[PDB]
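Okay, so here's the structure we're looking at.
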Amino acid sequence: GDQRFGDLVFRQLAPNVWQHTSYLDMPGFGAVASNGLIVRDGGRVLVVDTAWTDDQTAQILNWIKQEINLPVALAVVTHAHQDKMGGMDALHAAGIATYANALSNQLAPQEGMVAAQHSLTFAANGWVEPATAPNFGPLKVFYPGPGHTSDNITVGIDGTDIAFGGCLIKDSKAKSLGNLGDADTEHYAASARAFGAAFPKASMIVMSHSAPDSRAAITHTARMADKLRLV
Ligand SMILES: C[C@H](CS)C(=O)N1CCC[C@H]1C(=O)O
Ligand SMILES: [Zn+2]
Ligand SMILES: [Zn+2]
């Protein structure tokens, strides 16, 4: 069910949702896949996360221009690493309004990232303050607590079965939590649980570095976060 387009891969998840996948091409490591989302909200398109690079991200825009051919209203990027924010310059050159967690925008420079144009803020219960996320359509944005990073945010897609965990969640068969250099190892477990609780009906869990999975990815991630906390 995948379709290669250039160095990119696209996979339809529902009538109006597609997974985009890009691969890091650096002379020192293997072809590391990153997943993001494309959502057709009626007469416009919404993007969750860039690709690794500007060119890869423009390649995303081209696939959208070709296969959907509606204007891209906005993008939301889900934390200040390269696999999520590596392509901001491309989104800006294309006139696309960009959003990130305020904390993500604050960390951007230290991380080598260009900041998003607009900053999301969040209630104590983790739900986005609606005024900071205007006209987000079916995108339901939830900050689950520090985990994979301090800033990681998550997105549910109204009207579908899908919730996007970003790099916070790994699939049910993953061996480890991956690079934990930026990780809050104390809150990770609770933050994964908070994600699953925020989207309790979502049956397809989409993540950054595994194929879509069921809810078992959430509990599996939480357990692995608990095992690590206990050492
Ligand atoms: C550079 C990316 C940002 S999330 C990363 O840390 N990754 C990509 C896949 C897993 C993990 C790793 O390198 O160990
Ligand atoms: Zn990351
Ligand atoms: Zn990642």
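Numbers here simply count residues along the sequence, with the first being 1. For ligands, and for the atoms within them, numbers begin at 1 and follow the listed sequence.
Here, the main chain in contact with ligand 1 is recorded in UniProt as Metallo-beta-lactamase type 2. Modeled at ligand 1 is a drug that PDB records call L-captopril. Ranked by closest heavy atom to atom 4 (S) of L-captopril, the top entry among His148, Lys84, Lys170, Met85 is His148.
Heavy-atom proximity to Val32, at under 4.0 Å, picks out these atoms of L-captopril: 8 (C), 9 (C).
In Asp83, the part holding a heavy atom less than 4.0 Å from any atom of L-captopril is the side chain.
Residue-ligand proximity, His209 to L-captopril, at heavy-atom distances under 4.0 Å covers atoms 4 (S), 8 (C), 9 (C). At the shortest separation from atom 2 (C) of L-captopril among protein heavy atoms lies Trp52 CH2, 4.0 Å. Atom 6 (O) of L-captopril has its closest protein heavy atom at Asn179 ND2, 3.0 Å.
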What does the N/O contact table under 3.5 Å look like for L-captopril?
unit_1      : atom_1 : unit_2 : atom_2 : d
L-captopril : 6 (O)  : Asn179 : ND2    : 3.0
L-captopril : 14 (O) : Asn179 : N      : 3.3

